[PDB]
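The next PDB entry has hydrocortisone among its components.
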Amino acid sequence: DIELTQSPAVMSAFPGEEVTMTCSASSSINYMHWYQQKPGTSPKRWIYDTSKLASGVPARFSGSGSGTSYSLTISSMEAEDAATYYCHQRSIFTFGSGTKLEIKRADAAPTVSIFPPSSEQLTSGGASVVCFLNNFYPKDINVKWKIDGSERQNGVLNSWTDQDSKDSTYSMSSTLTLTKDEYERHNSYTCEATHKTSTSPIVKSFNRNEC
Amino acid sequence: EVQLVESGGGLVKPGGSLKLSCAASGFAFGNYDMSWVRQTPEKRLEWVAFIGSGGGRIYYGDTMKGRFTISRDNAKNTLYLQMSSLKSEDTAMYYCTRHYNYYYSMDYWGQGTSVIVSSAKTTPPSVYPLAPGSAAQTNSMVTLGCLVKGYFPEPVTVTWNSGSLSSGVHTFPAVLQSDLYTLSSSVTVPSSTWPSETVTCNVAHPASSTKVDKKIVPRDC
Ligand SMILES: C[C@]12CCC(=O)C=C1CC[C@@H]1[C@@H]2[C@@H](O)C[C@@]2(C)[C@H]1CC[C@]2(O)C(=O)CO
């Protein structure tokens, strides 16, 4: 089975840089295509027959290669180029897994906000503690929960957004779900964000016994 | 000009069947080879089936193993894909695509139609206001939220004050929790404007035909 692999799976660069991404085949093939995808929309033809640009594709893009190795190249990258690029060829069942190009920008620390479980959820017998970490960069960030002074790892679910289309920041939710009875057994809840913008964490907390 | 419009997707139990349609416009549909491509939840893209312009040449992807049947009706400018004995691995977004020349790039794609294979049943979501309460804030800005828990299938759409609060919104991607979806949405407004000016989240779940509004009220301590 002729198979495609793509490298790197993820890269990031400031606008103005040169960008290159590789698509490899298990055995020699020809006439490689490349498709661009952005969140919520269909894949779009970008490069075809190894070197031809689809309509509406700026001449900063170029495709090349032969044999078992091909590549897509962008000169003087612009923010709109951010997307996932997938290679594919006429004898291939599975598309390559794609390179995701993201926009590099200045580091930013997160705006952190903590929300105690709603009385309505508590009425139902569930208790979700929600902590938002918004408008930060880079994407790699670490969140820690402490309950009455001890770290907790079970019952946490974290969800990042796609890189923001206007300012290239990331946001993420971190949610601690507990049963109502387990929530009622503790008092101090703390959400900490540790980022490479500072060695000292950002910290938000509350006591359940208040309000 | 050129348009491809898919339909017929939905929820389906394992072992069942489903027929997907792709309506075409803007070109001489009978002159072009057509294909179906599917994208899995892992974003993997797989070539499912191909059919020549005349309906007399057909190919299938490696895992299809006879359970898929591609066909077309050039008189009604429509392409179909018949699915049978569906499995959990067949869950994906299914796309209708058109071919340009005989190196088989796909020069136009449809909007996609989603197929979900599981035993889960449609379930409306619960919606919970997120006021600060015991975690009161003190800056020029305040951040509020809504928790949306326990729905199936995806998606829900979230808005704030009917989309009049657009700036300062983050609606996080959903995650499966007890095999039901959950997400939260946050909004940031000047603290001088709340609670004096009302803030409401608008949750819509088309598949259950539910629409709920949760006013964000300050907690009664
Ligand atoms: C160019 C090709 C063979 C020559 C032809 O008249 C038309 C096509 C288009 C559809 C292609 C096909 C073969 O390459 C095998 C493919 C890729 C198939 C789509 C699914 C496929 O059957 C496979 O996935 C086999 O692995």
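Chain A corresponds to the first sequence line; subsequent lines are lettered B, C, and so forth. The residue numbers of chain A are those assigned by the PDB entry, with the residues present covering 1-211 sequentially. Chain B is numbered as in the PDB entry, which gives 1-221 for the residues shown. As the structure lists them, so they are numbered: ligands from 1, and atoms in each ligand from 1.
Among all chains, the one with more heavy-atom contacts to hydrocortisone (ligand 1) than any other is, according to the PDB entry, anti-cortisol (17) Fab (heavy chain). With a cut-off of 4.0 Å on heavy atoms, the other chains touching hydrocortisone (ligand 1) are A, B. Other-chain residues and nucleotides with a heavy atom under 4.0 Å from hydrocortisone (ligand 1) are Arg90(A), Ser91(A), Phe93(A), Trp47(B), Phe50(B), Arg57(B), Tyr59(B), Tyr60(B), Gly61(B), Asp62(B), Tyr104(B). As recorded in the PDB, the organism behind chain B is Mus musculus.
Of the protein's heavy atoms, at least one falls inside 4.0 Å of atom 3 (C) of hydrocortisone (ligand 1). In summary, the atoms of hydrocortisone (ligand 1) found under 4.0 Å from a heavy atom of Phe93(A), numbered by their order in the structure, are 24 (O). Backbone and side-chain nitrogen or oxygen atoms of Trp47(B) are examined, and none is located within less than 3.5 angstrom of a nitrogen or oxygen of hydrocortisone (ligand 1). Scanning the protein heavy atoms around atom 15 (C) of hydrocortisone (ligand 1), the nearest turns out to be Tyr59(B) CD2, 4.0 Å. Under a 4.0 Å criterion applied to the non-hydrogen atoms of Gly61(B), hydrocortisone (ligand 1) contributes the atoms 24 (O). Summary of contacts: the protein heavy atom closest to atom 22 (O) of hydrocortisone (ligand 1) is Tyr60(B) O, 2.8 Å.
Chain A - PDB entry name: anti-cortisol (17) Fab (light chain).
Close approach to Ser91(A) involves these atoms of hydrocortisone (ligand 1), each under 4.0 Å from a residue heavy atom: 14 (O), 17 (C). Atom 25 (C) of hydrocortisone (ligand 1) has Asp62(B) OD1, 3.4 Å as its closest protein atom, hydrogens excluded (heavy atom only). The shortest contact between atom 6 (O) of hydrocortisone (ligand 1) and any protein heavy atom is with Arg57(B) NH1, 3.0 Å. Nearest to atom 1 (C) of hydrocortisone (ligand 1) among the protein's heavy atoms is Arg90(A) O, 3.3 Å.
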